[PDB]
> 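I have a structure here, written as structure tokens, and I will follow up with some questions on it.
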4 protein chains.
Amino acid sequence: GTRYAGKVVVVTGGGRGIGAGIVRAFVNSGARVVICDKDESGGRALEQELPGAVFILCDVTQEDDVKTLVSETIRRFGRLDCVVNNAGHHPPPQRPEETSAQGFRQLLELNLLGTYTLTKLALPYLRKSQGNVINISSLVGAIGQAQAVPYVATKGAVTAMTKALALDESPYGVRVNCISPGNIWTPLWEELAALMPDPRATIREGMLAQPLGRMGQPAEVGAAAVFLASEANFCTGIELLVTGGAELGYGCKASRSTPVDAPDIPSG
Amino acid sequence: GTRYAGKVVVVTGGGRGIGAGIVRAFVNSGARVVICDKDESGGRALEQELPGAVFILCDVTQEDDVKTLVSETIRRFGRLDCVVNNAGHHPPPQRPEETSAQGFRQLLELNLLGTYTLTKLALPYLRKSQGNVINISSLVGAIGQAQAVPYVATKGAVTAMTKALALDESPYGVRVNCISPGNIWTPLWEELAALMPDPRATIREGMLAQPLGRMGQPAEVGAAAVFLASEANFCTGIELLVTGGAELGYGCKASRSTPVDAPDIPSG
Amino acid sequence: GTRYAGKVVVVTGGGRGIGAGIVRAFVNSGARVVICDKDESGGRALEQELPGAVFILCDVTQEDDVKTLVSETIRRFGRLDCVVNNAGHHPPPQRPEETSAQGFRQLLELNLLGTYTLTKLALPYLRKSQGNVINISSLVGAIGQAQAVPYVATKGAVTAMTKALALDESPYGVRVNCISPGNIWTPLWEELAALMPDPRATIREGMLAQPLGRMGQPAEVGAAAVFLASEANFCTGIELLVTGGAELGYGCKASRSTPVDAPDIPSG
Amino acid sequence: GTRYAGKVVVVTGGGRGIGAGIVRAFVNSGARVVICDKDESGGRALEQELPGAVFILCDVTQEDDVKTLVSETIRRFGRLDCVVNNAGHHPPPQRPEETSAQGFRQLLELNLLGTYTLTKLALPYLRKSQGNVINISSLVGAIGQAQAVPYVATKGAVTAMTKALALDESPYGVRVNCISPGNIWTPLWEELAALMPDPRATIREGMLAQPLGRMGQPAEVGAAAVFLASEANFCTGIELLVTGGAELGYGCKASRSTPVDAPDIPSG
Ligand SMILES: NC(=O)c1ccc[n+]([C@@H]2O[C@H](COP(=O)([O-])OP(=O)(O)OC[C@H]3O[C@@H](n4cnc5c(N)ncnc54)[C@H](O)[C@@H]3O)[C@@H](O)[C@H]2O)c1
Ligand SMILES: NC(=O)c1ccc[n+]([C@@H]2O[C@H](COP(=O)([O-])OP(=O)(O)OC[C@H]3O[C@@H](n4cnc5c(N)ncnc54)[C@H](O)[C@@H]3O)[C@@H](O)[C@H]2O)c1
Ligand SMILES: NC(=O)c1ccc[n+]([C@@H]2O[C@H](COP(=O)([O-])OP(=O)(O)OC[C@H]3O[C@@H](n4cnc5c(N)ncnc54)[C@H](O)[C@@H]3O)[C@@H](O)[C@H]2O)c1
Ligand SMILES: NC(=O)c1ccc[n+]([C@@H]2O[C@H](COP(=O)([O-])OP(=O)(O)OC[C@H]3O[C@@H](n4cnc5c(N)ncnc54)[C@H](O)[C@@H]3O)[C@@H](O)[C@H]2O)c1
Ligand SMILES: O=C(O)c1ccccc1O
Ligand SMILES: O=C(O)c1ccccc1O
Ligand SMILES: O=C(O)c1ccccc1O
Ligand SMILES: O=C(O)c1ccccc1O
């Protein structure tokens, strides 16, 4: 592959799940990939497996880690063409009264402000390279999700901030886009399902949520990212849905504790 | 009620279902309402029950009926303030290979071109009154629907044409908006459910499609219409969703004939 | 007016601008309105002018102020039917490198977490009343805005969180919706324009941004809010646009420092 | 290139403009491309220039031409993997009173029913190949356009029908997606600009409509199409925007004949 040959790419949270999918997709396209992750285990494993992937330990909520990540990427590689803000977390299901403003704040540090800080520090270099930014939002930013008020809020923020940055940076030719994956089968998905009374039933409901009848794969988000960076030169501020059609058509939305009348009083 | 007192309102398909809901809502607001319907039974009944509602027999696919409707409304009432394009039909479920281009054309005559013809003839009078147009689209125009390719297409057209008209008519101060109802309990809904092997199970799936756990009522669309005409003077080209939240969150979207793997191969 | 008679309504930032528009609209509908504002001047003025409007000093970023606001509203009035989260701020234009993570955080405290905290504390009472929540987001949450990365992000968060809450609260019958105003002529708009080299030229560009050719008024957002609370019982999780059509059609989007070729090389 | 090697692709309107962009992009990916066009000049030229591109004369509004196109593609190539419905026309600017129902109908035959007829006949073969459909809609389907009520309506229909087909065809694994290009520099764009009093000023306004400051190219839509067909296996029913950001941020929307007050009465 040569669609992104020699470009320098930073992927946050690139050590597993969707981030690793994106890392492999960019390596496959010929890029130099800086894996940024707070966990050294998965990243150093990719670094050793994929030459041209390199691991730099970095928590994106720690402003110094991000300055050092950026500082090292330029020092080590002389340029920066693409930033894929992927580091993010989804808490276990929580009703609104089970969330705290403190938890919300911590989650904004990761999902939103981490994405913002790396982008701020990266923009002077992306301007020189006429690079682009890719943020990994989520479909629930667009249509909501049950028991995930903080998470949904951070993803609504990422998608909107992507459009704001696209306007601020178009005078420099720097594109700024986001991918909104639906249900992607990842360790995070697996870890969350394992907290449920019936994990496999929960995973099954995850697959049935798509007209296509399955969850997506990290590789498929990785292809979407490589397309945005390498072949979508007239795309900026877009929200690319990788969702298997989950947002389409009617479905079972009234919840298992939601009072529903019998079908003889259909409209109350 | 006085929020729309003495304004002259035309409601197509106003003889039953959502159209009658809208007719009652405008009468309640003090308007003069011209009920336009191809069926005389339901309309003349409203005309007799509601003074200030008046029935004019008119098939909106028949250009002469629409010229005569418009011609009679001005002759009889001297002005035209509001056109609610509601006349529309939803065919029984049909797979794509069960539709014909002829059926599609007939359905466009009603759902789209009927709305277009009345609007064209009404605009010279709406310009003088600084009136507005309200089109009744559907949520499936926005998110699709199974087994309804022609219907969905006509509703995608209505929603888009609403925005085109809003731009063409804003120099005159004529607002042009649409309501996109989700599942509304109406005779049409009832007639379609009755074609199913299990009508009440189908109606129940209709109610479960909403987080609110019920279908909407015609009166609730009627309130939305009266709000658009009488109190939304800074609204034009909007799509007002009356859907009970159907478009929100994940749901059961993989269809009963869609191959789905077991939850041990979640992503294929 | 009687469309919301005797319901108890809290409006944050109700002391001027859009908040005061909403306060007057609910008072006009017959509600008991608790004006919540951090500035006593504008609120106490409304409290004295409008009986049935009452002012309670409260900064929504101060968790104790919000507990006390909620505690006093129930103690004083015995119920809570409607929360209009309107308190919000738009900073002066700032390029991305002119924003700080600290400023972003402060802005999230107001625009997002203030809305979240009042909603959390209000929900137990809204559940009993089968009330509803109305958040005042912004159109730029949906389509972005130049030189406003933090602000846009907080409004993307508000709009998404509205959908998350609508799902979490539909089992209780509590609707949760937002209004996304476009350009509304308010003191905040005036204050921001006054920071510009040519205020009136800037205000003029604000009016030209709408096909309707003007900015909106607070009263028009107030009507939209009263409609959501009092007549949109089948609406939840919707984004109601009060924008004068700003999001429609093509416009002048390439910025005054954006390199644009001459029209003989149209596509680069 | 090998991303779509040996797949059989039909591109309607493939003889020039965006269609030819898509044809070259698929040929470049290794596909067998059947150029379908009503004009033989541009298509036979591509057929001779690009081996593996083949031209079949076909007007998509003529049901027999489409049956013969489909019949010949299978007979000649034994399979059908991808249908790119691109044939479409944009009439010169027309106010609503300058359109006729007849013109509207003719435009629906091309833009909508042509897309529908080829898809119907192609689906039995796409099911066997687990192929996909790509419709070329337009951004104005989503946000409207001035003086283009019929055109906008047909494109609203194409985008919605894409979602309906995606639901109907997901049980077979057949993806169905659309691209919504903004302003793309093509012969059609050039022909329309040439009808204006100042063509180059009009082209310049076309470029300024994008934050990126230029129009798109056919090659860029071609890349988007090849991505949808060859690498977006978890995408169905999506609307991929190729618009240079035109839908983002505020712009000059109040039209040159739209009454606008001076900036001392900003909100009427
Ligand atoms: N899995 C899904 O279905 C899904 C859906 C929509 C969006 N997303 C988004 O995709 C991204 C990845 O999701 P996933 O399922 O692959 O997650 P994951 O948990 O499987 O992997 C996330 C990676 O990010 C790293 N990370 C976490 N916090 C970090 C921090 N502070 N600094 C640096 N690295 C950090 C983790 O160590 C891990 O390697 C997230 O932003 C998530 O919100 C996922
Ligand atoms: N019912 C729903 O759930 C639902 C959902 C979304 C949109 N809608 C739309 O709302 C509108 C009304 O739906 P409904 O369920 O109330 O339907 P309905 O069948 O119950 O009533 C429709 C009315 O329109 C009249 N009509 C039909 N064809 C006409 C024609 N050619 N000329 C004049 N009048 C004509 C009928 O005679 C009838 O009185 C339609 O446009 C429909 O697409 C309905
Ligand atoms: N003006 C516009 O064009 C526009 C457009 C879109 C959205 N909005 C939103 O509408 C809301 C009001 O905007 P506006 O133009 O009327 O603003 P404004 O400045 O004119 O009034 C805002 C009010 O909120 C109060 N407030 C501010 N911070 C507060 C806090 N921490 N606690 C309590 N009260 C607080 C202020 O004292 C003031 O009374 C904001 O949320 C804003 O983002 C405004
Ligand atoms: N140019 C733009 O800015 C733009 C923007 C949005 C969408 N689009 C869409 O993209 C498509 C192509 O646009 P373009 O600008 O490249 O147009 P174009 O006029 O430059 O080329 C269109 C091609 O389609 C062919 N065609 C027309 N009618 C046909 C018919 N009945 N049967 C078969 N072939 C037919 C023409 O002969 C021509 O080769 C259209 O569907 C258009 O609506 C274009
Ligand atoms: O849809 C999501 O955003 C999501 C993210 C991580 C894990 C499970 C999920 O459903
Ligand atoms: O959702 C619709 O458009 C609809 C319309 C009429 C009848 C049943 C329906 O689901
Ligand atoms: O569009 C906005 O969100 C806005 C809000 C406050 C002031 C000016 C504005 O344009
Ligand atoms: O935006 C469009 O759909 C379009 C299509 C063809 C020509 C010019 C255009 O603006």
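Chains are lettered A, B, ... in the order of the sequence lines. Chain A is numbered as in the PDB entry; the shown residues are, in order, 4-271. Since chain B takes its numbers from the PDB entry, the residues it shows come out as 4-271. Just so it is clear, chain C uses the PDB entry numbers, and the residues here are 4-271, in order. Numbering of chain D is taken from the PDB entry, so the residues present carry the numbers 4-271, in order. The figures here come from the full heavy-atom set of this structure, side chains too, leaving out hydrogens, waters and symmetry mates. Counting starts at 1 for both ligands and their atoms, following the listed order.
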> Pick the drug at ligand 6 from tranexamic acid, methimazole, salicylic acid.
salicylic acid
> Which chain makes more heavy-atom contacts with salicylic acid (ligand 6) than any other chain, name per UniProt?
L-fucose dehydrogenase
> Which other chains have a heavy atom under 4.0 Å from salicylic acid (ligand 6)?
A, B
> Using heavy atoms and a threshold below 4.0 Å, how should the contact between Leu142(B) and salicylic acid (ligand 6) be classified: side chain, backbone, both, or neither?
neither
> Considering only the protein, which heavy-atom contact is closest to atom 7 (C) of salicylic acid (ligand 6), and what is its distance?
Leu195(B) CD1, 3.7 Å
> Okay, next: other ligands or ions under 4.0 Å from salicylic acid (ligand 6)?
ligand 2 (nicotinamide-adenine-dinucleotide)
> Consider every N or O of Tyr253(A) and every N or O of salicylic acid (ligand 6), then say whether any pair is closer than 3.5 Å.
yes
> Side chain, backbone, both or neither: which applies to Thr189(B) and salicylic acid (ligand 6) if a contact is any heavy-atom pair less than 4.0 Å apart?
neither
> Please list the nearest protein heavy atom to atom 4 (C) of salicylic acid (ligand 6) with its residue and the distance rounded to 0.1 Å.
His93(B) CD2, 3.6 Å
> Identify the binding-site residues of salicylic acid (ligand 6) at 4.0 Å, heavy atoms only.
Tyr253(A), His93(B), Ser141(B), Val143(B), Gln148(B), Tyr154(B), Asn186(B), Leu191(B), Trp192(B), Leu195(B)
